[PDB]
Trainee: 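Pasting a structure below so you can have a look.
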Amino acid sequence: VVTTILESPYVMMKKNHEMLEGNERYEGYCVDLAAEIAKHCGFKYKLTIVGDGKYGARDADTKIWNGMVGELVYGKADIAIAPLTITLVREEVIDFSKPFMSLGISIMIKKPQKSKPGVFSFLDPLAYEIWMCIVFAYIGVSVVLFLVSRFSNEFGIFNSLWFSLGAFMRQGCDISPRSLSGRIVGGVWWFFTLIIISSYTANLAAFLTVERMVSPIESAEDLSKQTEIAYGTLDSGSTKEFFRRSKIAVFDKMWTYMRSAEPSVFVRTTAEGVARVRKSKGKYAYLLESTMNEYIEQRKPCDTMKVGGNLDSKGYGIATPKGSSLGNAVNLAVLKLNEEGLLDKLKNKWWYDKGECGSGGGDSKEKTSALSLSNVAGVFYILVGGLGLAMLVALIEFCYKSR
Amino acid sequence: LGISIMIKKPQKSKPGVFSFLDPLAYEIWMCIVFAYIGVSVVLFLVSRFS
Ligand SMILES: O=c1[nH]c2cc(C(F)(F)F)c(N3CCOCC3)cc2n(CP(=O)(O)O)c1=O
Ligand SMILES: CCCCCCCCCC
């Protein structure tokens, strides 16, 4: 007479549960765990799911345990082969195994996918500092060419800025320097433009060929500092109580943010939380138990992923009432299962082998597409802006010269 | 003998006649033509003021 719980990856009801019902045919990770714990410790067990459907807790006035703690303290069932977060209160009333699985408060974010190419994206292949240095190098070269042609000759400032700009944009030059000191400047600026244009084309080809996606946030230590991404918990439970009772600097900040923030970042249920993460953009991050997050990221549509380590560690046990002669028959078997590499094999199978998606198959899967007008339109805007400006200055010069 | 794979035979996949235009979408080429006409007319207009 062992209890259980209905969490999907641990104890699940298979297709056509009417035909296959009861201890004879169940599916789940905890089901295989119970089978193996019986194989190591032969005993009569009947899978009696908890009636209440939840884990232990005591009401302050009622002072009674309910779920898989009430089913154990009150002799309603032998043990509880199900995920129990080992904790002080539960231990004080049950006898806990050595943790057969350790976990923590993971961070859940939507899988980083390529954004819409912004306006002014054409100047991505070169850093901002390089663009500014290009502008001021052009303005320095033109001034020096002017000064050189006016020591020792139509290279006035206006007519030399045009030559430098013509030489940069690969379009043929109208005139060429004749002196030696003008020709040195011409030659070195020609070399400079050649190298820069080759660098821009090559780096753009690198951008287009292999795409490299980066997670916007890596760990909660930086998620606290960001604050442009909203991150939320479940309503109330281990996670919220942990954050309110925390005293570490980063966690205290991550709680002060979420305590006073609008709208309601706290989510009613984990299904709503994952739905909100998937629906929204990368502006929402969800803080849940590590196991649930690892499991969720494997099912369809595989649109989410786990980032960063576990914030605080706690383990899952196999409960047993204090006076049981079976109390010490489970510690040793759990330790042996953990040491044999059997529990890890069970989890690996149950989570990755029964996985909706695989990482290796879509690892590269690279396909290239034609440059849409969205990528480029940042230069069409500049073109039409330049034309409008040219007409404007033409009218200004005309009006000034007419009077 | 043994268990063996079986996949659809990859076709020759001959390229299109005007396949050289692929690296830029249709909209980009046509807006290039239209911006060319616009720039030519604006340059002419600005050049001529009496
Ligand atoms: O003993 C407890 N064990 C628990 C085990 C699990 C899980 F491992 F996932 F099955 C969860 N979930 C976390 C989110 O995914 C679905 C349910 C809650 C548990 N809670 C309530 P908490 O206080 O919110 O942790 C307990 O009290
Ligand atoms: C899709 C066919 C249109 C391409 C026109 C190419 C001409 C551009 C040079 C002005």
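In what follows, chains carry the letters A, B, and so on, assigned in the order in which the sequence lines appear, proteins first and then strands, with residues in each chain numbered from 1. A restricted portion of the entry is shown here, and the contact count covers that portion and nothing more. Per the header of the entry, the method used was electron microscopy, 3.2 Å. Both counts, for ligands and for their atoms, begin at 1 and track the order of listing.
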Trainee: Name the drug or drug candidate found at ligand 1.
Mentor: ZK200775
Trainee: What is ZK200775 (ligand 1) bound to in this structure, taking the chain with the most contacts and naming it as in the PDB entry?
Mentor: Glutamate receptor 2
Trainee: Name every other chain with any non-hydrogen atom less than 4.0 Å from ZK200775 (ligand 1).
Mentor: A
Trainee: Identify the organism from which chain A comes, per the entry.
Mentor: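 By the entry, the source is Mus musculus.
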Trainee: Which other ligands and ions neighbour ZK200775 (ligand 1) at distances under 4.0 Å?
Mentor: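 Under 4.0 Å: none.
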Trainee: Which residues of other chains have a non-hydrogen atom closer than 4.0 Å to ZK200775 (ligand 1)?
Mentor: A/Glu7, A/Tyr55, A/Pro83, A/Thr85, A/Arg90, A/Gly237, A/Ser238, A/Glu289, A/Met292, A/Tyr316
